[PDB]
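Quick look: baloxavir on Polymerase acidic protein.
In what follows, residues are counted from 1 in the order of the sequence shown. Just so you know, ligand 1 is whichever comes first in the structure, and atom 1 is the first atom listed for that ligand.
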Amino acid sequence: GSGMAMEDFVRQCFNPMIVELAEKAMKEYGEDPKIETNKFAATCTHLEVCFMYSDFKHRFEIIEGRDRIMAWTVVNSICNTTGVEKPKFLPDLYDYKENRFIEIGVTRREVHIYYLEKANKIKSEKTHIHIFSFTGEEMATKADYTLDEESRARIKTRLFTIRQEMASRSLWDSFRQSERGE
Ligand SMILES: O=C1c2c(O)c(=O)ccn2N([C@@H]2c3ccccc3SCc3c2ccc(F)c3F)[C@@H]2COCCN12
Ligand SMILES: [Mn+2]
Ligand SMILES: [Mn+2]
């Protein structure tokens with residue numbers, strides 16, 4: 001259940017491309033993945049979900065996984081060619097079919113609680129929110145889940161698998177409790 005154990009878990013259970021992008025994002029925002037090991041795992045998990053979401057004719061542009069400048073450059077380019085309003089906060093994806101940005105949330109807590117937190121932090125009723133748990137639960141803006149049932153099933157399964165792999169190593173309890181502060 002240690003810090004070293006969690007860092008080792010992350011580097012073993014996530015593909016090297018995900019790990020590298022997560023490390024770069026954490027450094028960009030001033031956090032050390034060797035100290036904030038649960039956050040390291042959280043960023044890898046969330047990045048993987050974004051990449052799995054964008055697979056499932058490229059319907060989706062991935063904003064996440066890019067450095068800050070390139071992320072906003074992509075966002076501005078989309079807004080210039082679609083007239084969609086520029087979001088105040090960086091989103092995770094752009095849906096070319098529905099022509100809307102998407103914010104992806106992954107939570108170790110109840111989805112309704114996290115969904116409210118997300119909706120409150122953005123306040124822009126134009127970014128579509130989609131929350132996943134590690135328990136197979138899901139909540140999205142207007143109960144519009146965007147993807148088909150099978151695509152969401154595989155994301156839920158992968159998240160549950162991560163949870164079980166953590167639990168087998170006694171890492172899940174720590175990971176769960178670090179999402180929200182005291
Ligand atoms: O893109 C995100 C982001 C999300 O998209 C999200 O859903 C939750 C959280 N985020 N944050 C991610 C992040 C992403 C995934 C899981 C946990 C965290 S926790 C804060 C943090 C993030 C990235 C690097 C870092 F050092 C951080 F401390 C930051 C929020 O500022 C815009 C960029 N960003
Ligand atoms: Mn993001
Ligand atoms: Mn997100």
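All copies of baloxavir taken together correspond to ligand 1.
Neighbouring residues of baloxavir under 4.0 Å (non-hydrogen atoms) are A25, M26, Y29, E31, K39, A42, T43, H46, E64, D92, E103, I104, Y114, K118. Nearest UniProt active-site residue in chain A relative to baloxavir (non-hydrogen distance, 1 Å): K118, 3 Å.
The distance from baloxavir to the heavy atoms of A25 drops below 4.0 Å at these ligand atoms: 24 (C). Using a 4.0 Å cut-off to heavy atoms of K118, the atoms of baloxavir that qualify are 6 (C), 7 (O), 8 (C). At distances under 4.0 Å from baloxavir, the other ligands and ions found are ligand 2 (manganese (II) ion), ligand 3 (manganese (II) ion). Within the listing of baloxavir, atoms 7 (O) sit less than 4.0 angstrom from a heavy atom of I104. Here is the list of baloxavir atoms found below 4.0 Å of a heavy atom in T43: 13 (C), 14 (C), 15 (C), 16 (C), 17 (C), 18 (C). Filtering the residues that UniProt lists as binding Mn(2+) in chain A by heavy-atom distance under 4.0 Å from baloxavir yields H46, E64, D92, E103, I104. Here is the list of baloxavir atoms found below 4.0 Å of a heavy atom in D92: 5 (O).
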